[PDB]
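Co-structure: ouabain and Na, K-ATPase alpha subunit.
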Amino acid sequence: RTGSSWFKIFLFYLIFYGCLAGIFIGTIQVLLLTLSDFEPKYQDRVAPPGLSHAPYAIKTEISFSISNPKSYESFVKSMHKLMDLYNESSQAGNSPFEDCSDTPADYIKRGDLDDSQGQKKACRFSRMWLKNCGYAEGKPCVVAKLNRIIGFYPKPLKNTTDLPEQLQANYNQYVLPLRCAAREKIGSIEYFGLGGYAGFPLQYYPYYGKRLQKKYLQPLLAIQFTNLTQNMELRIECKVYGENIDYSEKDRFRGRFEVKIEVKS
Amino acid sequence: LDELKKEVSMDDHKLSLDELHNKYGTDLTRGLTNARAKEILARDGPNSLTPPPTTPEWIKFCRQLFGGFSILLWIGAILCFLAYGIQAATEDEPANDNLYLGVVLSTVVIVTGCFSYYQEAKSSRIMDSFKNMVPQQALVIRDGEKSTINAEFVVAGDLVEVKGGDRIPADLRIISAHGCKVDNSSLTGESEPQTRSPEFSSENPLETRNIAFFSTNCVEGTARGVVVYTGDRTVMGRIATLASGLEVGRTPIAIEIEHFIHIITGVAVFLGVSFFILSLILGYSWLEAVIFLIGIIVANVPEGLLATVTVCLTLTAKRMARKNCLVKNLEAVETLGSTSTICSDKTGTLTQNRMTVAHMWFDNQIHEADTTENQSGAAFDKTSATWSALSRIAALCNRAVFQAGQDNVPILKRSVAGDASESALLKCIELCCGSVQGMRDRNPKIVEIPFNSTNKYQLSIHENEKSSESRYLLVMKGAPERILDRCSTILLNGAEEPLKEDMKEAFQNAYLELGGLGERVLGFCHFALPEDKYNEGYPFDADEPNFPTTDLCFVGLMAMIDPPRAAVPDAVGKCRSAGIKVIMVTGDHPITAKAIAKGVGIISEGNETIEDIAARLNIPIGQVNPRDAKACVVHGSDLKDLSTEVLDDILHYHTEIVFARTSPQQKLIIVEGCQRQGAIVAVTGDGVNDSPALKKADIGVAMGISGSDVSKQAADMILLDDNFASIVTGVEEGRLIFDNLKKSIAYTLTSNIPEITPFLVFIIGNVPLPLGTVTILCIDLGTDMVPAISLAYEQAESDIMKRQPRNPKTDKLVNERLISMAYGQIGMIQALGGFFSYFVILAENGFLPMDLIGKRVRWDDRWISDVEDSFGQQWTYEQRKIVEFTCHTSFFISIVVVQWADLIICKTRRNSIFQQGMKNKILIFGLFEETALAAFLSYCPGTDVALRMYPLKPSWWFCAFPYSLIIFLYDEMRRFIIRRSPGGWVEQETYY
Amino acid sequence: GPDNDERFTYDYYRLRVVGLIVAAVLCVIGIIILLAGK
Ligand SMILES: C[C@@H]1O[C@@H](O[C@H]2C[C@@H](O)[C@]3(CO)[C@H]4[C@H](O)C[C@]5(C)[C@@H](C6=CC(=O)OC6)CC[C@]5(O)[C@@H]4CC[C@]3(O)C2)[C@H](O)[C@H](O)[C@H]1O
Ligand SMILES: CC(C)CCC[C@@H](C)[C@H]1CC[C@H]2[C@@H]3CC=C4C[C@@H](O)CC[C@]4(C)[C@H]3CC[C@]12C
Ligand SMILES: [K+]
Ligand SMILES: [K+]
Ligand SMILES: [K+]
Ligand SMILES: [Mg+2]
């Protein structure tokens, strides 16, 4: 508390906090310089991919009434918010999109992570490939996807030893297998994929990242539970497999879901 | 209440013995009846002191449990339970998150309770020390026969008998006494025995010879007296109540802290609410804007600050114990440094309490002996043949003896059997002439006339060691005028000589000068007896002068005094340079008081009392202008008649004050008078008559060895070695730590800012939370601790004894200059250092700063497990969270890195780190151990769940570095300014 | 090539090892300095 001296305070901070914002910004802007536009410096924190899905699960749960239409207007929203993305109206011209193997094929290298070439071209994906999926008002349809990682080639396990879905139409070479499970077998699993299989096609990898590939489209795998059980909380775990895929006791989303469906009506 | 006790006593030594019995329904010769004794008991109550209203054990601990931050921390704990309550009910989130969070906060106080229950303890056993002085039994006469009784059963009226060795059981009127001497040190602080006779001798009850006081002890003789006062109603019974029942009060340091808690609260609630209204303007309800206000507690409340101040206080006290200086209270560590006036008792405090030979007069010359403990002075004379003739009388005409078994202990410290003056002579000769026993053997005593009351002299006759004689020597000593009235000759430099009126005056000079030094004077003379009239086996008559007692050879004078302790004069000098006022306050007589006053420097050369002037000028004192007198010397008998306002003025108007012949209540008044002015006062004393004063001082210091137990109980500090120079040290410590505490407040508070800003910008910028609750506690109860504590080993940045005492009203421990420095400036550079590491971690994991704005809602959205980063990648909940907690971890570490700087710059308030150097090893220890703790919390496995602390990549460690160095430079720059321009700007804005 | 898997690994174990080692050393050094006299 002074007088005719406050001007000696205000003016001080004006060009001291000035000098300091100026230095702080000074150091952000140097740091920023030393990073790729195309690729982060570290990726060991997305290290194995997580598996995420379209139905916005309140708390990993989808309890809803069949005898009510708006008892599930919510989930349908996120479904369409996601699905509106896979429009064939959107994917227009030979640029920047590409028609790819209607059947799961191999990886597609598109050069380096440079801008020496324009936008790296992106494979197409018809939402029609998700036959069957308002969605399932009963016995719901759930859409799965693999979290994008720049330069990540997902590698399906090679058939050598025992494998859960034992060699059943196993596309060993070019598909990343997704199986859903819960003992307690009161469901009816069905899988709408690309070429018909229940996995992700290797022909979408590696992801090249937004700055080099905006409007890129990652695959999907519809999962319909036209089960023969009703009006109870059912705990099902969809999970992906592969060499590059691991799971965690804490990250309950690390390469897998956990859904609490309840078609209560 | 206690004001009545501050008045002096009123009595009945003037009554006749008969009148006294009359007044107490008692018989002088038979004493009370067993019947009337018992009756008079239930009437008045026991001969016993009534214990003071103590303060219980429970309430002592519980009053600390709301010690500022304490209460505020309950508000957090309780409101973090507003979280676990709404959660574990509606939305059961299974965790120890906000439960265990809430818990820590409160039990942070409970265990901390022992630190302020360590800071404000009280050793209050005054009354129990007083109670010890009442004997267990008394000898009364009832129904004409004497019997011993429980001393409590003693009542006003009955006949009591006391003899050498025992304690005065109650206040008595002497009706009969035979050769009775008494020790009244409990009242006067003077121990030399005093006669008791039945005849009243002074209108003053504390001075008359026919009253013997409780809390004193009959030293020799036999006496009988009538009990006039019992239990609480005795002179010293009142002193006990007064001393015991005083209101202790708040110390300076305590008041400095309380004042800091107000400033602290003051900004905790200004920002606390300021981020309720700002949160509201941004779209937050009374469910969100409220949770943040209470939110902004921890960040503002230093949880580690109490503990720090305490360990600092404690660590300083430990050093002073290592200098033979015991402190009973933690708060008492500082007070000596804020002390403006010291009220010192004289005897056994400033002085050694030990009649020592000070000067001699012989060879027509004044000499000065060494009076110090360790005899630090020099040799005065040994050559003179006179000296030895004198020495001879001093050793021979002397009946004192060194108590058995002390060859181990030094002369001046060893206990002697005998009166003070004779012990003085004994210790003098033993010291500078070898064994006195040696002399008393070589010259056997054949007869002597012990010092009479009437003769006013003591002589002996001795066989002379000299074989060529082996004839008879006469030696005598006594009143210097009386020894000259019995002299014909004078041993000058070996040979006798007529006592010319010329010398009869050089003596008379010496006698008056030494007498003026406030010293006790003795005359000495001898006579080599004429062998003719005195055979080898000649008989002498000590009953009737069978020998000459007139016309003897005068040899010399010796003068003695209870002299100052060695370092006292200098100790006084040092305090006065520190701008501290030293006032003597003594129960002793004024001549003696004043003499020592001059001797220890309380009164300086040239200074004068009105009486000095009037004597010099040969005018009346009514005609002296009082303001010409800077010194004064006030007798207790005069002090008694003065109003408190009149004392205040005496206090205002003098620089060199001596209150002499003061009672215990009067020492208290002076102190109260001194405090009334505003001063912080240290009482230093050693007797039961200092108790009320010690107990009233802001800090009471007592003498360890000589100190009575009562003084010791009443004090806050004990000088275990009776080394008064310790006082100087104490003030110097109290000054040092006051400063070094500021430094530790500054250091601790600075990290407040980098801990707060993150949560704010979290709300204001909608970015992910940069630092977490848990992370902050590791800084406050972990990494900042040893650094904070270690600042107490900082030194002086100048000669702090060279500066005046602080004005306690104006010079606060925590001022605005410190908040603007810790908050406005340094803490601000610290926040950016932290925020930088933040942006680095996220930016390097794919979240550039620009995209961070507005995200927290997605980011903290637990249901999104595919948050898209800046590069296009997708993140689960736990994934991104692991990154955030890594940020929490590197932010934590950023602080440490910049607390490095804050530590080195808080090391000094004025000096360059290049001037002060880095000799503080505890501080350096702080840096290493602090960093070791952080590395631990980061890299130790398990601490990623027990504390959500993640490992840091080596590069992470250096983010803050440019910010740590900028702090060093900024501050080193700024104090370089300070020094160059002492007068004005940077100093008046930022100098602590 | 298609076998770039080091791009998603970090040796946190060795970090945690070297971190603790350094912590222990700094810890010790601190003592050595403090106990320069007691
Ligand atoms: C906007 C807000 O953000 C999320 O919660 C935020 C507010 C609140 O909930 C808490 C926990 O209670 C706060 C708490 O309150 C205040 C703090 C004690 C605060 C301090 C101030 C201080 O002085 O020391 C420390 C800084 C962080 C703090 O340690 C926690 C951190 C976790 C958080 O969770 C964060 C939720 O998503 C919430 O639902 C949403 O409303
Ligand atoms: C998160 C951001 C907005 C924090 C910035 C807070 C700033 C504006 C605050 C915090 C600490 C404050 C300073 C600290 C204390 C003092 C000393 C006082 O006698 C006058 C004001 C002054 C000089 C303050 C001015 C404003 C100040 C600098
Ligand atoms: K804090
Ligand atoms: K006191
Ligand atoms: K702090
Ligand atoms: Mg004394």
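Note: chain IDs run A, B, ... matching the order in which the sequence lines appear. So for chain A, numbering is the PDB entry's, and the shown residues are 28-160, 169-217, 223-305, in order. All residue numbers given for chain B refer to the PDB entry; the residues shown span 32-1023 in order. Chain C is numbered as in the PDB entry, which gives 5-42 for the residues shown. Just follow the structure's listing: the first ligand is 1, and inside any ligand the first atom is 1. Computed over heavy atoms, backbone and side chain alike; hydrogens, waters and symmetry mates excluded.
To find every copy of ouabain, look at ligand 1. Every other chain with a heavy atom under 4.0 Å from ouabain (ligand 1) is named here: B. Within 4.0 Å of ouabain (ligand 1), judged by non-hydrogen atoms, the site holds B:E319, B:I322, B:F323, B:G326, B:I327, B:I328, B:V329, B:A330, B:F790, B:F793, B:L800, B:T804, B:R887.
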